[PDB]
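Structure containing donepezil.
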Amino acid sequence: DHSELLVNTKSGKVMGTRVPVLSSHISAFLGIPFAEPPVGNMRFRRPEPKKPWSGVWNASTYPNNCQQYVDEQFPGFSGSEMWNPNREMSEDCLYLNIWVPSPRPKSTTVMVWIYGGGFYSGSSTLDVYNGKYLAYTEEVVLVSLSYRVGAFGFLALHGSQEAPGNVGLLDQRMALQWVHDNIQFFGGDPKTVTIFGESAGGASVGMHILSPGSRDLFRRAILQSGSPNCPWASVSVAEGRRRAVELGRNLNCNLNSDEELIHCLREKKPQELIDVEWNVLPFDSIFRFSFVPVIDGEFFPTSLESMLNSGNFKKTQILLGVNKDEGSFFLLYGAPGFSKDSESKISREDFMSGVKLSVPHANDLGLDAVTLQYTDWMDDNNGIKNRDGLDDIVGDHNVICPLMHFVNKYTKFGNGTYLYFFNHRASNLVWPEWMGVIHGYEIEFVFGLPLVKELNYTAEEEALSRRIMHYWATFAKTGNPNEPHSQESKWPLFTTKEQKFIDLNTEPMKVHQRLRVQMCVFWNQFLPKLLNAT
Ligand SMILES: *[C@@H]1O[C@H](CO)[C@@H](O[C@@H]2O[C@H](CO)[C@@H](O)[C@H](O)[C@H]2NC(C)=O)[C@H](O)[C@H]1NC(C)=O
Ligand SMILES: COc1cc2c(cc1OC)C(=O)[C@H](CC1CCN(Cc3ccccc3)CC1)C2
Ligand SMILES: *[C@@H]1O[C@H](CO)[C@@H](O)[C@H](O)[C@H]1NC(C)=O
Ligand SMILES: *[C@@H]1O[C@H](CO)[C@@H](O)[C@H](O)[C@H]1NC(C)=O
Ligand SMILES: *[C@@H]1O[C@H](CO)[C@@H](O)[C@H](O)[C@H]1NC(C)=O
């Protein structure tokens, strides 16, 4: 061995770079391949392990981002472009980034970030995902993987070995397997690996907790604004097939067999599949994505619900939670009456239209049931109440409630649960006030962006970010976000009986119980029974 930026792994030697972080410095190994480029005949196929390389791999720069749809709704607007690919897109995108504190540790806690983006997008190279602040502040080895999104990572034709589906999830598993096998050489503890992600990434984390082929590869898990049982997180094999065939019809493909559909989809250029990607949705809706994980019977032995009921999942500690206004982002992009530059006061007519889009798989009685649940008949023509009520509908149906279901089901067999409710609006948030505490805006606090003075955050927002970063890191290290024998306020353990959680904001810690039970009893217990009877 030689320098601190030189690591000899089971795959080969890797050369990193010294990165500046808050006056100090740490190491960074960017763009390390954990799989063979899924290009050509391997498109849609399961990931193959990266053949070991000879010589030194240059890991000083960020890798390419996977082929995905690019947000062009508000050009120049940072609020929407901060989520867009900041590196060149390519199908050769299966790489991982590692931030190692300096001096290189011997055996410290490891955290693997799994980005979100509805399974149709996302990048590990984003600014809000820069793990250098967390790695440095909390003294952890921050890893951020990457996986194929869109059709490339989730096209599903059950029965076929050329495109079985869930390969995007297998990409994550191979990265986790690479972390299990090589993180030791970077000073990380393979015995203490915490996987954490947001939205689609949080659902992925929960999917790895459920899938037996992924359970042994990590210790603990953190789920942010995401759950494996989210209505948008997965589809049946029949629906996945239907969407795959529909994708082919949109590209003038031969649909007589799977062998011919796939051959066609493989000859087409990346952007060709992306341009027609949305055309396969079965309904006119919001918070719904085309190619997502499928219940194949392999990655997922049986239905997610049956697995959750039987305790068929990894027993360990989990830390999860949701943001206050999760639905705003989606109403702004597809619901009539919403716009980035207006207060977006919603009319009774637009409210009814919003409900239709929010619960696509519902009939008329179901639509009336949802409306009844979120309507104040004493003041039904209130524009602000209609706007906020619709925001609650999208967030509760798509994020909050399904997560609350997973929380209650998991805790019964689990070994420790910690629930949070992030309800703080960043003072420098570029999005309109009507959106509130937006889906994905806790990430900046998790990654410690508020510590960087040049980002215009307040003092209390830095204190909050430091508090959150420490909760996450301490939990990853021990299984409890609370510092042993500390004088600070204690974050209660979530139990099947008490059901406690905390608010994650700038004010002193406050403890509550039964996070949105009123609305979630409706979404998890009543509505599904109503739609089922009719
Ligand atoms: C998490 O799992 C650990 C290990 O199984 C539990 O600790 C045991 O708890 C039982 C009952 O209180 C004790 O009799 C054992 O002595 C404990 N074992 C150890 C090694 O400490 C722990 O209770 C579980 N925590 C939760 C919240 O379920
Ligand atoms: C056709 O185009 C469509 C475009 C979009 C949707 C549906 C569509 O059709 C149905 C959505 O539902 C997306 C709406 C936003 C959701 C939040 N993200 C940013 C973010 C990224 C990663 C984690 C957290 C936040 C920006 C787009 C975009
Ligand atoms: C790639 O490696 C070279 C040295 O071989 C060095 O300039 C740096 O680490 C990387 N250069 C570029 C342009 O990415
Ligand atoms: C911080 O404030 C300055 C002055 O208004 C502005 O120009 C800059 O863009 C802001 N930085 C960020 C990251 O918003
Ligand atoms: C769901 O609906 C189907 C069709 O009506 C019915 O056979 C089944 O029993 C229902 N499930 C429950 C739990 O009621």
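By convention here, the first residue in the shown sequence is residue 1. Just so you know, ligand 1 is whichever comes first in the structure, and atom 1 is the first atom listed for that ligand. Hydrogens, waters and symmetry mates play no part in the numbers below; they use all other heavy atoms, side chains included.
Looking across the whole structure, one can locate donepezil at ligand 2.
Counting heavy-atom pairs under 4.5 Å, the chain with the most contacts to donepezil (ligand 2) is listed in UniProt as Acetylcholinesterase. The residue among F289, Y120, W232, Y69 with a heavy atom at the shortest distance from atom 13 (C) of donepezil (ligand 2) is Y120.
When hydrogens are left out, the protein atom nearest atom 7 (C) of donepezil (ligand 2) is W278 CZ3, 3.7 Å; that is the closest non-hydrogen contact. Heavy atoms of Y115 stay at 4.0 angstrom or farther from donepezil (ligand 2).
Atom 23 (C) of donepezil (ligand 2) has its closest protein heavy atom at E198 OE1, 3.1 Å. Near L281, meaning under 4.0 Å from one of its heavy atoms, donepezil (ligand 2) places the atoms 10 (C). In this structure, the protein non-hydrogen atom closest to atom 14 (C) of donepezil (ligand 2) is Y333 CG, 3.8 Å. Here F283 has no heavy atoms under 4.0 Å from donepezil (ligand 2), in either its backbone or its side chain. Contacts between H439 and donepezil (ligand 2) below 4.0 angstrom, taking non-hydrogen atoms only, involve backbone and side chain alike.
With respect to atom 15 (C) of donepezil (ligand 2), the closest heavy atom belonging to the protein is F329 CD2, 3.9 Å.
Annotation: atom 12 (O) of donepezil (ligand 2) to nearest protein heavy atom, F330 CD2, 3.1 Å. Of the protein's heavy atoms, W83 CD2, 3.6 Å lies nearest to atom 20 (C) of donepezil (ligand 2).
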